[PDB]
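Worksheet for the structure shown next.
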Amino acid sequence: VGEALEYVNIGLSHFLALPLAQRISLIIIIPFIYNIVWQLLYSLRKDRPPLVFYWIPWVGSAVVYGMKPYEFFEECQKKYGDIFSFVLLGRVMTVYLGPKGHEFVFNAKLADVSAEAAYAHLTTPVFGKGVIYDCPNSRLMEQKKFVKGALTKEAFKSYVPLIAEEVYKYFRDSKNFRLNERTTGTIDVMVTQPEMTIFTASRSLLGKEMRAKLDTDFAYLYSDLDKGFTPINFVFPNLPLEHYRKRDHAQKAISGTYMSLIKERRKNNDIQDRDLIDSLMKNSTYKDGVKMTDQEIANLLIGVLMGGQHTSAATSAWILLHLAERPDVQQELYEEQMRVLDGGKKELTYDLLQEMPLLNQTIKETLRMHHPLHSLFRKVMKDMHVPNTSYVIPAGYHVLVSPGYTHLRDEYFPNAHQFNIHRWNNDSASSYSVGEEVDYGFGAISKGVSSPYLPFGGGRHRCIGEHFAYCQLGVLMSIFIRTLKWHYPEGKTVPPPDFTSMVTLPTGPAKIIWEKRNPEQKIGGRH
Ligand SMILES: CC[C@@H]([C@H](C)O)n1ncn(-c2ccc(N3CCN(c4ccc(OC[C@@H]5CO[C@@](Cn6cncn6)(c6ccc(F)cc6F)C5)cc4)CC3)cc2)c1=O
Ligand code: HEM
Ligand SMILES: CCCCCCCCCCCCO[C@@H]1O[C@H](CO)[C@@H](O[C@H]2O[C@H](CO)[C@@H](O)[C@H](O)[C@H]2O)[C@H](O)[C@H]1O
């Protein structure tokens, strides 16, 4: 026995004396073996969801999850049911699929899970300090209340002619169109739609000055910041490379530009109700009396604009891509436009937009088939018991909810991979609570989150951009439809999504051919 412990020490001594070829080998062999041995032992636990088996330690199932997460989820669901875990670049992700998973994650108690712990490294290096996920949840709650204050029906009534003007200016001036000189052409929708999205969102949310900045070489800083918004930040939020230096420079340069305008407005008492900058200047005091700083206001503007940027641009790209092979839908949308707008002799308004159910259904169905965020995360902060099961999700795990997966299940949407706006006949609203409501600090929202359709999430982290997105996408598509027909180049079809980008944007290049419905039509104004 004691003789055995001497040979332990002797063996530790011969271990250290191995050739570095074998020391390195054992430094790879041993973690690999322990990994398999640990999973086998882990698979015995009754109080843990099944864990997806994986060969490479730390890396885990990262590759297949990034490649095709919904296909990854469907196979895991067939072997294990609706709750299962997998490891992901160092973390254990516990997936809860379906409406009860929406309920488990979106309505989790604030003490149990943390969104800022999952997201802060993704967003803080892009947006700046102090806001969104670089702050306590109750600060986020009031930030959402401040922003929502500029997102009112009356705000939407004035945004509509502004967004319309921007769309027409883009048809007139952009290289991709020039409708006054060309009656047909080919565009890449991942080129045109990010540009149309930033032009229209700038003009309406940021205001006339910040929109004017985009006609200068200042627009290059927006490109730099936009490039810093990448899921690489989940792993490498700060690397001493040039990518990160352009991003950081841009955040300072852009937030400096907003602080410049904010300070000029306050210095001149020029604070109105024009844009979200005005609104946050008048309404950014937290409930404990602390005011947001001009730096925090500008970082919140960056965040709101940048999140809205990627979700909205991806969605209008998909709308265009689904309609390019559906000339029947384009025709039906065109007729609705002629009826609602008296043949075009009525100007588009926010209220008339609400009388365009097929247009809004087309947005709604695109968001069904293309949730821009396939996976939403929380870090588990206290152990969580999974109701009706033996499972306990321990602190340090992550929970993963995926309403976009349920969007594509035939159980809840018959023929789920068919694009059919008519599945929403009589139900064209962007969403609506099926019953009771609750207020986390930014307005009463649906208490239950068991709806199989959840493009905007639910609970305390629920989107507040839904009506701005519909207003923006609504004006934009109304004008596209009334102005152009479009179709695919020959043999091309809807592309598959890129599930490794920030949003589930289409795999490019994704080109459509447009044509003027009225070749002789000319867009006025000066260029
Ligand atoms: C390593 C080998 C490699 C090979 C090649 O496979 N590989 N292997 C694996 N993968 C891989 C695997 C998975 C992924 N990602 C999964 C995670 N996704 C993701 C994206 C965004 C997320 O957003 C978090 C918040 C929520 O709200 C937002 C956004 N927002 C809401 N409304 C408007 N904006 C928000 C809110 C408020 C604001 F004010 C602002 C905001 F922005 C931000 C959360 C999750 C990205 C894709 C990527 C790659 C690989 O590439
Ligand atoms: C197609 C358009 C959009 C979709 C599908 C969408 C989706 C979502 C989802 C699913 C969440 C919840 C994330 C989570 O629970 O982890 C969210 C949150 C949020 N979104 Fe959007 N969004 C869209 C557009 C916008 C726009 C246009 C804005 C701003 C103008 C915006 C601002 C926000 C904010 C401020 C939050 C709250 C983040 C939090 O509380 O953690 N979104 N959105
Ligand atoms: C006897 C018949 C007489 C008929 C009288 C008719 C009165 C009509 C009154 C219209 C009310 C709209 O008036 C005003 O609209 C603006 C929108 O630009 C709103 O402004 C709102 O959106 C803007 C733009 O994001 C934000 O900067 C602002 O913080 C927000 O509150 C005002 O909060 C609202 O007060």
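One is the number of the first residue; the rest follow in order along the sequence. If you're wondering, the header gives X-ray crystallography, 2.2 Å. Below, each value reflects all heavy atoms present in this structure, side chains not excepted, and no hydrogens, waters or symmetry copies. We count ligands from 1, going down the list as the structure has it; atoms in each ligand are counted the same way.
- Lab note: drug at ligand 1, from rhizoxin, fidaxomicin, solithromycin, posaconazole, identified as posaconazole.
- In the deposited model, most contacts to posaconazole (ligand 1) involve the chain that the PDB entry calls Lanosterol 14-alpha demethylase.
- According to the entry, the source organism of chain A is Saccharomyces cerevisiae (strain YJM789).
- For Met502, the heavy-atom gap to posaconazole (ligand 1) drops under 4.0 angstrom.
- Counting only heavy atoms of the protein, atom 42 (F) of posaconazole (ligand 1) lies nearest to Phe229 CZ, 3.3 Å.
- Using a 4.0 Å heavy-atom cutoff, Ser375 is listed among the residues neighbouring posaconazole (ligand 1).
- Under 4.0 angstrom from posaconazole (ligand 1), there are no non-hydrogen atoms of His310.
- Covalent attachment: none from posaconazole (ligand 1) to a chain.
- Those atoms of posaconazole (ligand 1) that come under 4.0 Å of a heavy atom in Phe127, given as number and element, are 40 (C), 42 (F).
- Distance check on atom 33 (C) of posaconazole (ligand 1): some protein heavy atom falls below the 4.0 Å cut-off.
- Atom 1 (C) of posaconazole (ligand 1) lies below 4.0 Å from none of the non-hydrogen atoms of the protein.
- Under 4.0 Å from posaconazole (ligand 1), the heavy atoms of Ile132 that appear belong solely to its side chain.
- Note on posaconazole (ligand 1): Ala118 sits outside its first shell, no heavy atom being nearer than 4.0 Å.
- Looking only at heavy atoms of the protein, atom 50 (C) of posaconazole (ligand 1) is closest to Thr500 CG2, 4.0 Å.
- With a 4.0 Å cut-off on non-hydrogen atoms, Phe499 touches posaconazole (ligand 1) through its backbone and not its side chain.
- Only side-chain heavy atoms of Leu373 come within less than 4.0 Å of posaconazole (ligand 1); its backbone N, CA, C and O stay farther off.
- At a 4.0 Å heavy-atom cut-off, posaconazole (ligand 1) touches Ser501 through the backbone alone.
- Applying a cut-off of 4.0 Å to heavy atoms, one finds the binding site of posaconazole (ligand 1) to be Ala62, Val63, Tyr65, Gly66, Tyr119, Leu122, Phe127, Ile132, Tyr133, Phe229, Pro231, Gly303, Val304, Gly307, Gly308, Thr311, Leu373, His374, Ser375, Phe377, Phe499, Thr500, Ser501, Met502.
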